[PDB]
**Q** 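Input: one structure, supplied below.
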Amino acid sequence: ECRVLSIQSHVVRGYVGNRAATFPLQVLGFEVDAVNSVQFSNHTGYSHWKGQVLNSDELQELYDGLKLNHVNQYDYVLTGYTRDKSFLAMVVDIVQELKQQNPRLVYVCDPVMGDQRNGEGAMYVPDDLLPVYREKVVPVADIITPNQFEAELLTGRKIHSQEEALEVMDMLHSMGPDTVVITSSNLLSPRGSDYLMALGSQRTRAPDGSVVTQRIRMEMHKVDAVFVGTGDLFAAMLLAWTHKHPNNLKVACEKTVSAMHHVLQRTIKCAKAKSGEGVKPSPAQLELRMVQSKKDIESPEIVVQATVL
Ligand SMILES: CC[C@H](CO)Nc1nc(NCc2ccccc2)c2ncn(C(C)C)c2n1
């Protein structure tokens, strides 16, 4: 389709934020407009890093710039990782106005707060953004893609099983999103810890008989290491697919997830090819071979399966 306004980080080297969401959304042909929330030499997982960040007024400035020219009409809107309470507030205001300009304006929001290894408490962002995502952000998004950990901070409920997972999504939907996709979880699955499971559900409509929800469950094949930027590349590719497949939360994750295995085992492939068998690949070597996946980002050779409910 077309016009995406993506507000995310930018790194000179590597793939994270806009660097991870642009090329994709581009070769799949979207007119991606990018607002760089920060500009760092590289992501903060490298030993060193240097750069500047955009404050709230600077973001404001760029947005004014677009109003004045009346070119501020967008179809879908994308956002991810932020550290600033205020930058996230502003971002909310901006997404509001853009929905009047275009009624079918879907705000796709990956609520990046932190991570899980196995049941817990603190995350990656200060704890003071938690409220903003819950009270202000999530009520306006139309597609969110949280961790199991994050889905729990949002709903404030701990996920212990599968159907406890499904009822944390429902408290999600009701929050606003006619789509929720738990990109990853601690939940063992019908296939072994070798794998990794994610969850998906989409609250739809038909006049009365006013209720439809759809659920599924992909299990893609875990990979031995620490990548950074995977969730940006995920949410980016979701949008694409969930673009073509408006009532098919099923059909979507399916191609997205599929593309994800290629990109990573090519990354992992080259990744080790730079220590072969012998030592751990450095942050540098793990960076996504997004370019080389020129060909797969493109054509998901559908390698995964999923069960409705
Ligand atoms: C904080 C987690 C990670 C550390 O391994 N580093 C990092 N660093 C990033 N660099 C940009 C940045 C630096 C400082 C503050 C805010 C953003 C970054 N951008 C998007 N993402 C993630 C959510 C995919 C980013 N992640």
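We number each residue from 1, following the sequence as shown. Remember, it's 1-based here, ligands and their atoms both numbered in the order they're listed. Heads up, header says this was done by X-ray crystallography, 2.6 Å.
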**Q** So what's the drug over at ligand 1?
**A** R-roscovitine
**Q** Per UniProt, what is the name of the chain that shares the largest number of close contacts with R-roscovitine?
**A**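 Main binding partner here: Pyridoxal kinase.
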**Q** Pick, from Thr82, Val228, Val38, the option with the minimum heavy-atom distance to atom 3 (C) of R-roscovitine.
**A** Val228
**Q** Just wondering: which UniProt active-site residue in chain A comes closest to R-roscovitine, heavy atoms only, to the nearest 1 Å?
**A**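 Heavy-atom nearest UniProt active-site residue: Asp232, 3 Å.
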**Q** Could you check which UniProt-annotated pyridoxal 5'-phosphate binders in chain A have any non-hydrogen atom under 4.0 Å from R-roscovitine?
**A** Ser9, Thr44, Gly229, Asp232
**Q** What is the nearest protein non-hydrogen atom to atom 23 (C) of R-roscovitine, stated with its residue, atom name and distance?
**A** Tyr81 CB, 3.3 Å
**Q** Starting from atom 18 (C) of R-roscovitine, which protein heavy atom do you reach first, and at what distance in Å?
**A** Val16 CG1, 3.5 Å
**Q** Suppose I only count heavy atoms of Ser9 and a 4.0 Å limit; which atoms of R-roscovitine are within that range?
**A** 11 (C), 18 (C), 19 (N), 20 (C)
**Q** Below 4.0 angstrom from a heavy atom of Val112, which R-roscovitine atoms are there? Numbered from 1 as shown, please.
**A** 23 (C)
**Q** Report yes if some N/O of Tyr124 lies less than 3.5 Å from some N/O of R-roscovitine; otherwise report no.
**A** no
**Q** Which residues and nucleotides contact R-roscovitine at a heavy-atom distance below 4.0 Å?
**A**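 With heavy atoms under 4.0 Å, it is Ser9, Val16, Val38, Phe40, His43, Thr44, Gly45, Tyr81, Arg83, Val112, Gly229, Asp232.
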**Q** Between R-roscovitine and the protein, tabulate every N or O atom pair separated by less than 3.5 Å, reporting distance only.
**A**
| unit_1 | atom_1 | unit_2 | atom_2 | d |
| --- | --- | --- | --- | --- |
| R-roscovitine | 6 (N) | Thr44 | OG1 | 3.2 |
| R-roscovitine | 8 (N) | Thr44 | N | 3.4 |
| R-roscovitine | 8 (N) | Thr44 | OG1 | 3.4 |
| R-roscovitine | 19 (N) | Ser9 | OG | 2.6 |

